[PDB]
Student: 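Hey, got a structure here with darunavir, can you help?
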2 protein chains.
Amino acid sequence: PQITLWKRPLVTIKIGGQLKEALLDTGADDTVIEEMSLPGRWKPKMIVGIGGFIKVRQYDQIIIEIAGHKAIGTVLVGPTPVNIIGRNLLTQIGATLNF
Amino acid sequence: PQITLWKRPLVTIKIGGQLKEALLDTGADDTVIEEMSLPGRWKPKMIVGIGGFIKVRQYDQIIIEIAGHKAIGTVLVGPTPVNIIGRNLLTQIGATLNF
Ligand SMILES: CC(C)CN(C[C@@H](O)[C@H](Cc1ccccc1)NC(=O)O[C@H]1CO[C@H]2OCC[C@H]21)S(=O)(=O)c1ccc(N)cc1
Ligand SMILES: [Cl-]
Ligand SMILES: [Cl-]
Ligand SMILES: [Cl-]
Ligand SMILES: [Cl-]
Ligand SMILES: [Cl-]
């Protein structure tokens, strides 16, 4: 697809057996999802945005289907106001910014 | 250009005749830059992101060049952790997300 930016670039994702809406976000280094359970080990991390930092749990080697495209990588879980697909997974589906 | 996302999509911007670096950010509705002087009157705005909110100065109809493309539009100025180019200006430079 070609996604224009007149509106927020929201897509459906599937993660840990759940369907979620998420933002395709070139400004996010890594993917961050609202509180949910995921399998396996995790470790804590802080990430920063507008407003400051939040504490998240870092889960590695998690598979997400993004707009029907499967990717695997690190997923951060924590109190984000919006689900965000970051560059670590956008690369994997071949996403580019074009102008 | 076609910009891949293996690295942060940083570009040079020109604003008030000065060059700065900024992040192309599809997850941002609005363009937000670090403290700087801009001409004219400003209006209040609060923006909300991952770690809570910040107050910013909203300047309208500001001439800005992004990666060599001319734009004229709203720039928010305040204590953002990084300079971000949001959809308001990404649309002016004809940017799309493609995968
Ligand atoms: C500020 C960026 C450098 C980083 N952020 C991504 C950014 O796209 C967020 C993503 C975002 C979006 C909504 C709410 C929180 C986070 N947008 C954002 O804060 O935009 C603000 C400016 O325009 C307004 O429109 C959206 C909120 C305002 S972030 O969400 O803080 C973040 C930081 C690190 C990671 N790994 C993942 C996400
Ligand atoms: Cl992958
Ligand atoms: Cl990863
Ligand atoms: Cl590539
Ligand atoms: Cl990419
Ligand atoms: Cl604008």
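Numbers restart at 1 for each chain; the letters A, B, ... are given by sequence-line order, proteins then strands. Start at 1 and go down the list; that is how both ligands and their atoms are numbered. We read in the header that X-ray crystallography, 1.4 Å was used to get this structure.
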Student: Counting duplicates, which ligands or chains stand for darunavir?
Tutor: ligand 1
Student: What's the chief chain around darunavir in this model, going by the PDB entry?
Tutor: HIV-1 Protease
Student: Would you mind telling me which other chains place a heavy atom less than 4.0 Å from darunavir?
Tutor: A, B
Student: What are the neighbouring residues of darunavir within 4.0 Å, counting only heavy atoms?
Tutor: A:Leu23, A:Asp25, A:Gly27, A:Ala28, A:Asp30, A:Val32, A:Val48, A:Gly49, A:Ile50, A:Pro81, A:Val82, A:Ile84, B:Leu23, B:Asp25, B:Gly27, B:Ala28, B:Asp29, B:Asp30, B:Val48, B:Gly49, B:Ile50, B:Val82
Student: Looking at atom 38 (C) of darunavir, what's its closest protein heavy atom, distance included?
Tutor: A:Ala28 CB, 3.5 Å
Student: Quick one: which darunavir atoms are inside 4.0 Å of a heavy atom on A:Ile84?
Tutor: 10 (C), 11 (C), 16 (C), 30 (O)
Student: Can you list the atoms of darunavir that are under 4.0 Å from a heavy atom of B:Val82?
Tutor: 3 (C)
Student: Near B:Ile50, which atoms of darunavir are under 4.0 Å from a heavy atom of that residue?
Tutor: 15 (C), 16 (C), 29 (S), 30 (O), 31 (O), 32 (C), 38 (C)
Student: Okay, for chain B, which organism does the deposit list?
Tutor: Human immunodeficiency virus type 1
Student: Suppose we measure from atom 23 (O) of darunavir to each protein heavy atom; which comes out shortest, and what is that distance?
Tutor: B:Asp29 N, 3.1 Å
Student: In terms of residue, atom name and distance, what is the protein heavy atom nearest to atom 8 (O) of darunavir?
Tutor: A:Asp25 OD2, 2.4 Å
Student: Which darunavir atoms, with their elements, are less than 4.0 angstrom from a heavy-atom of B:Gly27?
Tutor: 8 (O), 9 (C), 10 (C), 12 (C), 17 (N), 20 (O), 26 (C)
Student: Heavy-atom contacts with B:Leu23 under 4.0 Å: which atoms of darunavir show up? List them by number with element.
Tutor: 3 (C)
Student: May I ask you to identify the nearest protein heavy atom to atom 14 (C) of darunavir, giving residue, atom name and distance to one decimal place in Å?
Tutor: A:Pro81 CG, 3.5 Å
